[PDB]
Chemist: 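Okay, here's the structure I mentioned, the one with caffeine.
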Amino acid sequence: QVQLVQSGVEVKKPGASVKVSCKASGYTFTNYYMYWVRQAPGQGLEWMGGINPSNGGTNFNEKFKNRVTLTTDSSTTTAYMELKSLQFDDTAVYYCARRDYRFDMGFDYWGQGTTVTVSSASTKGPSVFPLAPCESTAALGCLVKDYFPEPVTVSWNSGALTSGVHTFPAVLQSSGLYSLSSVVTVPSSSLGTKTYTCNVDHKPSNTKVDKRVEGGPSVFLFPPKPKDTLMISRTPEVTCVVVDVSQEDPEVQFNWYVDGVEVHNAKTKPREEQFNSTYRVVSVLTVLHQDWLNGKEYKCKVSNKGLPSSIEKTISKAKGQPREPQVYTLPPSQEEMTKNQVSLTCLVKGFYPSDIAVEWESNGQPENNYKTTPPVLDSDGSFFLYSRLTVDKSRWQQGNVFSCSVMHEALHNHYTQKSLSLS
Amino acid sequence: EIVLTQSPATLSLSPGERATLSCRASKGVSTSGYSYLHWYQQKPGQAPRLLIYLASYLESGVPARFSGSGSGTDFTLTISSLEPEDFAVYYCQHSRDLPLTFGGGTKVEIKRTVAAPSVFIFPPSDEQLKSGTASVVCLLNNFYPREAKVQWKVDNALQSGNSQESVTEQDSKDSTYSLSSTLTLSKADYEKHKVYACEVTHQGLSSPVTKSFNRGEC
Ligand SMILES: *[C@@H]1O[C@H](CO)[C@@H](O[C@@H]2O[C@H](CO)[C@@H](O[C@@H]3O[C@H](CO[C@H]4O[C@H](CO)[C@@H](O)[C@H](O)[C@@H]4O[C@@H]4O[C@H](CO)[C@@H](O)[C@H](O)[C@H]4NC(C)=O)[C@@H](O)[C@H](O[C@H]4O[C@H](CO)[C@@H](O)[C@H](O)[C@@H]4O[C@@H]4O[C@H](CO)[C@@H](O)[C@H](O)[C@H]4NC(C)=O)[C@@H]3O)[C@H](O)[C@H]2NC(C)=O)[C@H](O)[C@H]1NC(C)=O
Ligand SMILES: OC[C@H]1O[C@@](CO)(O[C@H]2O[C@H](CO)[C@@H](O)[C@H](O)[C@H]2O)[C@@H](O)[C@@H]1O
Ligand SMILES: OC[C@H]1O[C@@](CO)(O[C@H]2O[C@H](CO)[C@@H](O)[C@H](O)[C@H]2O)[C@@H](O)[C@@H]1O
Ligand SMILES: Cn1c(=O)c2c(ncn2C)n(C)c1=O
């Protein structure tokens, strides 16, 4: 439970002094040096000095040895840093950090930082100006100019508009006041229909302003094969295929999300040149059997230099109460017995969703001479299909048993079968 | 003093990749079996966090994927497989003697496909012009990589000293940058010229992109 808690924001005038404190707890204060380090805006770390809390002995950086005083109050286990004659370039975050006195193993624990701003400015609320133009995407914004101190927060349409919003970090101007811009990109078609309002809040001056501001690659996302999601032995995969990738922009990029969370285990295949002077590129995300069956959404986001914005595509298993297939095998018509080959039928019906696998076998070996119809929607919301196996009439007359096997999530063990034979 | 140089200033990689960060001291930081060289991670708005101490020792609680190595003047920090949480700034620091010094930092950034900026120019408002000022805003939106140049031309005359830039942090959803440049003038100086142009250069643009408007024709 080691803690280093520093004092809060400091806004000071040039020539004045600041004193930052660093409250220590959860360790023996005596066993560690307390160091001070500063970071100027957009700059690196700079060591200022260190104090020994047992004897009060100090070490300084020559740049700070004549303007900084380090003291420790062992009663309140607090370390202090007094910086005098403040200059404008003393604006920075000041950190206290501990170092083991006994053996040097780095700055193992740092305080949260204390922002010190050196400025001749006094509290001032911003002026809010619209940023509107004098193309499928339009840009609009708000110029929030001349405010002091930081920060200002900007929202759009009271938080309804969050996508495409960039609130820029503030710039300190020559005048000593801050200024920033907030922009939003929107479909040009909306400009007539929709309104855009920026909500500016500057808590230090209690100011609140609400200002009204007035052909390429294609992606196909494929689900897993139905047998794959139902058998733990097989591997189910979602497949993203991008076609019409220019010869000028081979830039192969995919991002994958499962219920909006990014995953990094997809495997991108090597780029394939097509007979129409374009590339074709596929990415394959392996999925968890139960994640596909629980209704998780798999999103594929494609990025390319030839795409003004990314192409997103989503795919999930169909929603609705899973319903179990009913399997009925129907023998060949007596009118078909005047032929060298006969048709064994398998009716699969009343199932939902439509993802199913149907096969045929005899004597524990696959019968591959069949065709299955695609599923067809019924008036009750469930699907049906027929599978037709072509057998030599000879095979059927000898009393050989044929089996129509069905695999569907709603079945127990995801599997059922119906046999068929000549009586 | 001992000066530490970190390279590269920016490292562009993907989650899952091996990151290798370099730190080189102007004078040796090793004595008597140890190298007094330590590594920290800093996330925006957060205090640094000790990762590696004494060149190769893992600080207690830091994940196993962090490892340090080297001696004398050349040091390396390796992240065996980047996690989304590792895209941050990394600093080296020595303690061979005083003054204690840090390197300039290395930004580990998310790599992505090149994306050219959408450039927009915004003339000053009639509201701002009632006061004696004119701010012309240029927006470069959703581009990658971070590098970009923006120049202002007022009647084909190149400007300098009267503009300020501001860049956003890499976007959490699309890994891009956005930038704004603001040319500031007095109303008197704004009324002296008519063509206000924003010229942008970026890796994603085969030639510079210039957006402009004619003062008064808006
Ligand atoms: C240059 O040359 C290229 C190669 O010849 C050529 O690529 C072809 O481009 C077309 C589009 O222009 C693309 O067509 C789509 O195909 C989808 C089905 O593709 C299957 O099947 C075909 C054979 O029929 C195969 O050739 C494909 O490779 C692909 O095979 C599947 O691949 C996966 C993964 O590898 C396997 O797991 C599968 O088992 C395998 N299946 C099979 C049967 O083998 C088809 O679904 C697409 O239709 C949808 O979009 C159309 C508009 O583009 C709509 O009209 C249509 O209604 C569909 O709309 C969808 O509807 C859903 C709701 O029902 C929505 O949720 C969707 O959002 C909606 N989509 C959209 C976009 O709105 C479509 O026809 C070819 O597949 C592709 N060929 C290959 C080999 O990649 C380039 O176009 C050529 N370019 C030029 C300039 O000429
Ligand atoms: O071994 C780590 C990691 O390497 C991968 C990268 O695709 O492939 C390796 O193993 C394959 C055999 O499974 C080899 O054919 C291939 O050359 C080798 O790089 C991953 O499969 C694996 O997780
Ligand atoms: O991690 C410490 C130390 O362990 C070694 C073996 O001595 O590597 C092992 O641990 C790694 C991290 O868990 C594994 O990736 C590796 O496969 C395993 O051998 C050293 O390389 C390392 O310094
Ligand atoms: C500095 N140091 C350590 O900090 C260390 C160690 N073994 C364990 N630790 C933590 N050894 C051998 C070591 O020299």
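Chain letters correspond, in order, to the sequence lines: A, then B, then on. Numbering, chain A: per the PDB entry, residues 1-134, 140-219, 236-444 in sequence. To match the PDB entry, the residue numbers of chain B are left as they are there, and the shown ones run 1-218. Atoms within a ligand are numbered from 1 in the order they appear, just like the ligands themselves. Quick note: numbers below take in every heavy atom, side chains included, and nothing from hydrogens, waters or symmetry partners.
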Chemist: What are all the ligands or chains assigned to caffeine?
Modeler: ligand 4
Chemist: Give the name from the PDB entry for the chain that makes the most contacts with caffeine.
Modeler: antibody light chain
Chemist: Give the letters of all other chains that come under 4.0 Å from caffeine at a heavy atom.
Modeler: A, B
Chemist: Which neighbouring residues and nucleotides define the binding site of caffeine at 4.0 Å (non-hydrogen atoms)?
Modeler: A/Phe103, A/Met105, B/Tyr34, B/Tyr53, B/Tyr57
Chemist: What source species is reported for chain B in this deposit?
Modeler: Homo sapiens
Chemist: Using a 4.0 Å cut-off to any heavy atom of B/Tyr34, which atoms of caffeine qualify?
Modeler: 1 (C), 13 (C), 14 (O)
Chemist: Is any heavy atom of the protein nearer than 4.0 Å to atom 13 (C) of caffeine?
Modeler: yes
Chemist: Please check if a non-hydrogen protein atom sits closer than 4.0 Å to atom 7 (N) of caffeine.
Modeler: no
Chemist: Could you tell me what the entry names chain A?
Modeler: antibody heavy chain
Chemist: Under 4.0 Å from a heavy atom of A/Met105: give me the atoms of caffeine that qualify, with their elements.
Modeler: 4 (O)
Chemist: Could you tell me which atoms of caffeine, counted from 1 in the order shown, lie closer than 4.0 angstrom to a heavy atom of B/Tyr53?
Modeler: 3 (C), 4 (O), 10 (C)
